[PDB]
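Here, diperodon is shown bound to Histone-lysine N-methyltransferase SMYD3.
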Amino acid sequence: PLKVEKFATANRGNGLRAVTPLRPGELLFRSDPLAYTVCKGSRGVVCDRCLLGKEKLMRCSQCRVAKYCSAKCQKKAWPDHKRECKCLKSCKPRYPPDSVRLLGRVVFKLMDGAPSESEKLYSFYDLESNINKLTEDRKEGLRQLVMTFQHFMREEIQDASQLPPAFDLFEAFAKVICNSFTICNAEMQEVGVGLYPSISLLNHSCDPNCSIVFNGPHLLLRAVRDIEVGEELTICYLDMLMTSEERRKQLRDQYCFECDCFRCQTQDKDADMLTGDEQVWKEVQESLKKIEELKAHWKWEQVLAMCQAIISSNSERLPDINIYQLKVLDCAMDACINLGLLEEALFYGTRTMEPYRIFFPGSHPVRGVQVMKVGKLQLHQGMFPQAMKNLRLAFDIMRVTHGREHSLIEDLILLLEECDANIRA
Ligand SMILES: O=C(Nc1ccccc1)OC[C@@H](CN1CCCCC1)OC(=O)Nc1ccccc1
Ligand SMILES: C[S@@+](CC[C@H](N)C(=O)[O-])C[C@H]1O[C@@H](n2cnc3c(N)ncnc32)[C@H](O)[C@@H]1O
Ligand SMILES: [Zn+2]
Ligand SMILES: [Zn+2]
Ligand SMILES: [Zn+2]
């Protein structure tokens, strides 16, 4: 009972196409991960199982690496965790890269788990490796990952008899490179990485007709515009706040392809993204390397101090449509929200609104969430007509990008009903 099918494309490998016309908001596929793990920066901040941020988390007894919010989460995680637990115990004080911990979970799921529904349309065995396009530099990095894997997993995997038949570690890490999904929480904070082999049939577009969203580790795939019969389904692999040049480099380095899409041919939005003084935004782009690192580790006080030094600098400033200024405004808004500084969060949040409209066209889940945050801030401060306007805009977007199957849509409906009741009274 599916509206999509695998097919062989003319020049981008296998892909997914619609077998019937699709309309905005239509759910096309949903999947738990084949395997997933919390990311470096969120380890110890979010529960290893449900990926939610809780202040009280309990370490697993044996390895004291995995953390859980509840007995329920520890129990539901134990099948995925039992064999890596001894390895993490084996390997402390060292912690292995996310990709190595992820592939460990793949190998254990394929060795010990029932066939996974995440592989319904496409399996880990099927995934693109791009090995004949990897540079010598990439291949050397892959060889280091293999040896790191062999080290980390020695307590549980000694020889090939404990790997799937004809399982090649080098090809396996090559697949992880170009098929890994970044798992975001409801607030669009990156909290994990996973493999979803059926979803990995989707080729990329800088102007996609589909979008994915995460509800915990669970993934929803939705159409975000009208799609004709037989049309290829695409998602955007990349953050929207990137120039065509930046997209080219990342698509080359990680995915081994050159994008022929119409936005890349025309450098669509590049000029407006880079307005302001070049010397100023080069420095902000540098500072953002540390700001985003701090944010990935949830160090909100330090994020905020670094952002304020830019937003309210004594030296030259950038227009809010400059993508690097815009990223700074967004980091500062999220830090204020997490620190309970709601007046400041709203000031930064409202400044992001018009640039987000430009740079996230149509229905994009990231703009839907940003608008909902600004609406919620306005609601908590008693600005009801303005909050209502933004909450309704968020719903117009998120009914398409998130849908009834995403728990966040229920929370938005509650905010809509509360803010409406405040206006009616
Ligand atoms: O209150 C805040 N932050 C917050 C506060 C004021 C203004 C803007 C944001 O976080 C609480 C957290 C816990 N939920 C409490 C209510 C239902 C159960 C879960 O959910 C969220 O609101 N996050 C969220 C996610 C996406 C978009 C907007 C907000
Ligand atoms: C997640 S996989 C998508 C499915 C892939 N086509 C396959 O056959 O398995 C990502 C890989 O698909 C290819 N690809 C994805 N989007 C592309 C595009 N827009 N143009 C050319 N190749 C693309 C690249 O090889 C990339 O590394
Ligand atoms: Zn949990
Ligand atoms: Zn453990
Ligand atoms: Zn493109």
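In this chain, residues are counted from 1 in sequence order. Atoms within a ligand are numbered from 1 in the order they appear, just like the ligands themselves. We use all heavy atoms of the structure for the numbers below, so side chains are in, but hydrogens, waters and symmetry mates are not.
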Location of diperodon, all copies: ligand 1
Closest protein heavy atom to atom 26 (C) of diperodon (ligand 1), given as residue, atom name and distance to 0.1 Å: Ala186 O, 3.5 Å
Counting only non-hydrogen atoms of the protein, does one fall under 4.0 Å from atom 13 (C) of diperodon (ligand 1)? no
Which residues flagged by UniProt as binding Zn(2+) in chain A come closer than 4.0 Å to diperodon (ligand 1) by heavy-atom distance? none
What protein heavy atom is closest to atom 10 (O) of diperodon (ligand 1), reported as residue, atom name and distance in Å? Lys376 NZ, 4.3 Å
Diperodon (ligand 1)-proximal atoms of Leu408, by part, heavy-atom distance under 4.0 Å: side chain
Starting from atom 24 (C) of diperodon (ligand 1), find the nearest protein heavy-atom neighbour and note its residue, name and distance. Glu187 OE2, 3.2 Å
Going by the closest heavy atom to atom 17 (C) of diperodon (ligand 1), which one wins out of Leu346, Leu415, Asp411, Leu52? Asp411
Among all protein heavy atoms, pick the one closest to atom 3 (N) of diperodon (ligand 1) and tell me residue, atom and distance. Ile337 CG2, 3.7 Å
Which residue and non-hydrogen atom of the protein lie closest to atom 29 (C) of diperodon (ligand 1), and at what distance in Å? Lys373 CG, 4.3 Å
Residues lining diperodon (ligand 1), heavy atoms within 4.0 Å: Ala186, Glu187, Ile337, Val369, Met372, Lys373, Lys376, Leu377, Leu408, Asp411
